[PDB]
K.L.:
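Could you have a look at this structure, given as structure tokens, before my questions?
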Amino acid sequence: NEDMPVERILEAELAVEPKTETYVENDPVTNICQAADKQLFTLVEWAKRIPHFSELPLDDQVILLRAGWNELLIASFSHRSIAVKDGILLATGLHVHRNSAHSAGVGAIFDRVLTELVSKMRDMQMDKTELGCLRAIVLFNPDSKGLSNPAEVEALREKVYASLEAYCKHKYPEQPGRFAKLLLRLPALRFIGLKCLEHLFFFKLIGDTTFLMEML
Amino acid sequence: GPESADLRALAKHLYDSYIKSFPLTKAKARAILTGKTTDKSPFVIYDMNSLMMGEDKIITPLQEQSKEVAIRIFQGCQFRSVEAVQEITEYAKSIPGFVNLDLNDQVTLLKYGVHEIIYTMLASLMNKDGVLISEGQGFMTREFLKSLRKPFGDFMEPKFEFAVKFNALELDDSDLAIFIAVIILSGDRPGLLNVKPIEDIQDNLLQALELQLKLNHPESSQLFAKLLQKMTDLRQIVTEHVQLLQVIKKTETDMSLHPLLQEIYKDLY
Amino acid sequence: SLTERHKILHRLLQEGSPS
Amino acid sequence: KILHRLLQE
Ligand SMILES: CN(CCOc1ccc(C[C@@H]2SC(=O)NC2=O)cc1)c1ccccn1
Ligand SMILES: CC1=C(/C=C/C(C)=C\C=C\C(C)=C\C(=O)O)C(C)(C)CCC1
């Protein structure tokens, strides 16, 4: 019961990515990495606008974003790519098609993004409010090491659960399984997130690459 | 609603089939772990000396000799898994709709589901000090497991850490029965051919689980969501274990995997 | 194919566990 | 580093 309003979360989401990125008339990894760095800056902006995030100890705010940026960004670009054919759409306006993802040695994880995230979000018509709540759930992860008050982070996570649940009930009353189907997108996001972090550890390691560097 | 009585009948069917397939329930394990039973025999293994005293007290029984301790233990866990896969297969086949799925899809669901279920049920057998083994006939300490030589001394630690947090949900066997069914009917497994009938079955199970939790844990708020969030941790436990195995195979002489596990793990993540 | 790469699971699923 | 600064702003 909206100690965590879904209207605000939707606001925080709508605060990124406009029409002007038509285009500006390949190396997918550098393109993806460049989109990542860009979106890392807007991620702090997103987080500030998620209810009660700012009200948390600052060091905590730092670790939550340190722990979840990875999944938080993958969640966003995946949902943005719902209408695209065999690819993703970056926040810089570029497409990455799968063949260049294979060409760059990252085909396997890339195809997982397409099947376990994008295609699933498309088939259920996940909405932006839903996407924002899931990201907030990923944000408020109380097992992250270094947290001063994990039970406060757990409390916030649980408020997203109740509020997202209420939202799905009101908006989609003919789909009583909707709230569970949303939460069940998270295991694939975690797996993908982990594999992606290893690939970046690798690209950092060989010098294939600023805010992003800090995050790694 | 009028869906409620069939959702309770489904819960009950699953519980009954759980009791049929899994010899050591959580209810029985807790009685043992807290000392309640009277047929309370567990041989405790906490060092090399007690391991020697208790090893023969611990299924498919023979003696392939000369392996070091860490390897015999790591491999005992493997043979327990072999048994678990068989119990879980039986249980899966009792879930209404499962045996009517394409047989390729049945394979895929088991392939990607068994370890998540194994680690779930392993929690039922754990407390913060150790784990029950050989159906309650022994108990092996967490410190003992952690004392094994690299890389075998850390393979259990993520499983104890999961169990500590999982067990705080205080689920019972009736709850677990439905949750396990939910994990098997996962429509996100790679290579599924027919996703829709799987997700339809899973939706019904998920409705059954929510109702179970609401009735059985009426004071535990958002229990359903917190449980479903554990599927994310379970997925990570499994993918991290797979990776550890990949090191091990590239660096440990020739521990061979049991053929059932060879088939499960081949092309898994 | 898949079931061919999973002979044992395939048998368990269709026939059950032998004694 | 950046993250810290960006938060306090
Ligand atoms: C510590 N215990 C209890 C069981 O503990 C287990 C831990 C891990 C697994 C998963 C196995 S191990 C592997 O690599 N693959 C697998 O499927 C399964 C069981 C035992 C049990 C028997 C002998 C020695 N100790
Ligand atoms: C694509 C892709 C990957 C992406 C990694 C990460 C960490 C972030 C992407 C953020 C975007 C794409 C933001 C946006 O578009 O707004 C990795 C390197 C794992 C492997 C190659 C495929």
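Chain identifiers are assigned alphabetically from A in the order in which the sequence lines are presented. By the numbers in the PDB entry, the shown part of chain A spans 227-251, 262-445, 449-455. For chain B, we keep the numbers from the PDB entry: what you see runs 205-262, 267-477, in order. Throughout, chain C uses the PDB entry numbering, with the displayed residues spanning 682-700 in order. What you see of chain D is 688-696, where the numbers are those given in the PDB entry. Atom set for the values below is all heavy atoms of this structure, side chains included, hydrogens, waters and symmetry mates excluded. When a ligand or atom number is given, it counts from 1 through the structure's own listing order. How was it done? The header gives X-ray crystallography, 2.0 Å.
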K.L.:
What drug or investigational compound is present at ligand 1?
P.N.:
rosiglitazone
K.L.:
Just wondering, what drug is modeled at ligand 2?
P.N.:
9-cis-retinoic acid
K.L.:
What's the chief chain around rosiglitazone (ligand 1) in this model, going by UniProt?
P.N.:
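Most contacts: Peroxisome proliferator-activated receptor gamma.
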K.L.:
Which other chains show a non-hydrogen atom at a distance under 4.0 Å from rosiglitazone (ligand 1)?
P.N.:
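By heavy atom, the other chains are B.
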K.L.:
Within 4.0 Å (heavy atoms only), which residues surround rosiglitazone (ligand 1)?
P.N.:
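Heavy atoms within 4.0 Å: B:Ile281, B:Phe282, B:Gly284, B:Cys285, B:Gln286, B:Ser289, B:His323, B:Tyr327, B:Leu330, B:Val339, B:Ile341, B:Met364, B:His449, B:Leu453, B:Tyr473.
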K.L.:
Which residue and atom name correspond to the protein heavy atom nearest atom 21 (C) of rosiglitazone (ligand 1), and how close is it?
P.N.:
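Here the nearest protein heavy atom works out to B:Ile341 CG2, 3.6 Å.
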K.L.:
Can you find an N/O atom of B:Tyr327 closer than 3.5 Å to an N/O atom of rosiglitazone (ligand 1)?
P.N.:
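No - when backbone and side-chain N and O of B:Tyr327 are compared with those of rosiglitazone (ligand 1), no distance drops under 3.5 Å.
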K.L.:
Which residues that UniProt lists as binding rosiglitazone in chain B have a heavy atom under 4.0 Å from rosiglitazone (ligand 1)?
P.N.:
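Short answer: the UniProt residues with a heavy atom that close are B:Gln286, B:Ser289, B:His323, B:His449, B:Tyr473.
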K.L.:
Which residue and atom name correspond to the protein heavy atom nearest atom 22 (C) of rosiglitazone (ligand 1), and how close is it?
P.N.:
B:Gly284 O, 3.7 Å
K.L.:
Going by the order shown, which atoms of rosiglitazone (ligand 1) are within less than 4.0 Å of some heavy atom of B:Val339?
P.N.:
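With B:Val339 as reference, the close atoms of rosiglitazone (ligand 1) come out as 1 (C).
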K.L.:
What does the deposited model list as the covalent connection for rosiglitazone (ligand 1): residue and atom, or none?
P.N.:
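Here, no covalent bond links rosiglitazone (ligand 1) to a chain.
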K.L.:
Could you tell me which atoms of rosiglitazone (ligand 1), counted from 1 in the order shown, lie closer than 4.0 angstrom to a heavy atom of B:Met364?
P.N.:
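Going through rosiglitazone (ligand 1) atom by atom, the ones under 4.0 Å from B:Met364 are 7 (C).
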K.L.:
Of all the non-hydrogen atoms in the protein, which one sits nearest to atom 13 (C) of rosiglitazone (ligand 1), and at what distance?
P.N.:
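Ranked first by proximity to atom 13 (C) of rosiglitazone (ligand 1) is B:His449 NE2, 3.2 Å.
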K.L.:
Under 4.0 Å from any heavy atom of B:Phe282, which atoms of rosiglitazone (ligand 1) are there?
P.N.:
14 (O)
K.L.:
For atom 24 (C) of rosiglitazone (ligand 1), which protein heavy atom lies nearest, and how many Å away is it?
P.N.:
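Going by distance alone, atom 24 (C) of rosiglitazone (ligand 1) is nearest to B:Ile281 O, 3.8 Å.
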K.L.:
Do me a favour and list the nearest non-hydrogen protein atom to atom 11 (C) of rosiglitazone (ligand 1) with residue, atom name and distance?
P.N.:
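For atom 11 (C) of rosiglitazone (ligand 1), the nearest protein heavy atom is B:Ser289 OG, 3.2 Å.
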K.L.:
Using a 4.0 Å cut-off to any heavy atom of B:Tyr473, which atoms of rosiglitazone (ligand 1) qualify?
P.N.:
13 (C), 14 (O), 15 (N), 16 (C), 17 (O)
K.L.:
For B:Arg288, is at least one N or O under 3.5 Å away from an N or O on rosiglitazone (ligand 1)?
P.N.:
no
K.L.:
Among protein heavy atoms, which lies nearest atom 25 (N) of rosiglitazone (ligand 1), and at what distance?
P.N.:
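Residue, atom and distance for the closest contact: B:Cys285 SG, 3.5 Å.
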K.L.:
Which UniProt domain of chain B holds most residues that touch rosiglitazone (ligand 1)?
P.N.:
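The answer is UniProt domain NR LBD.
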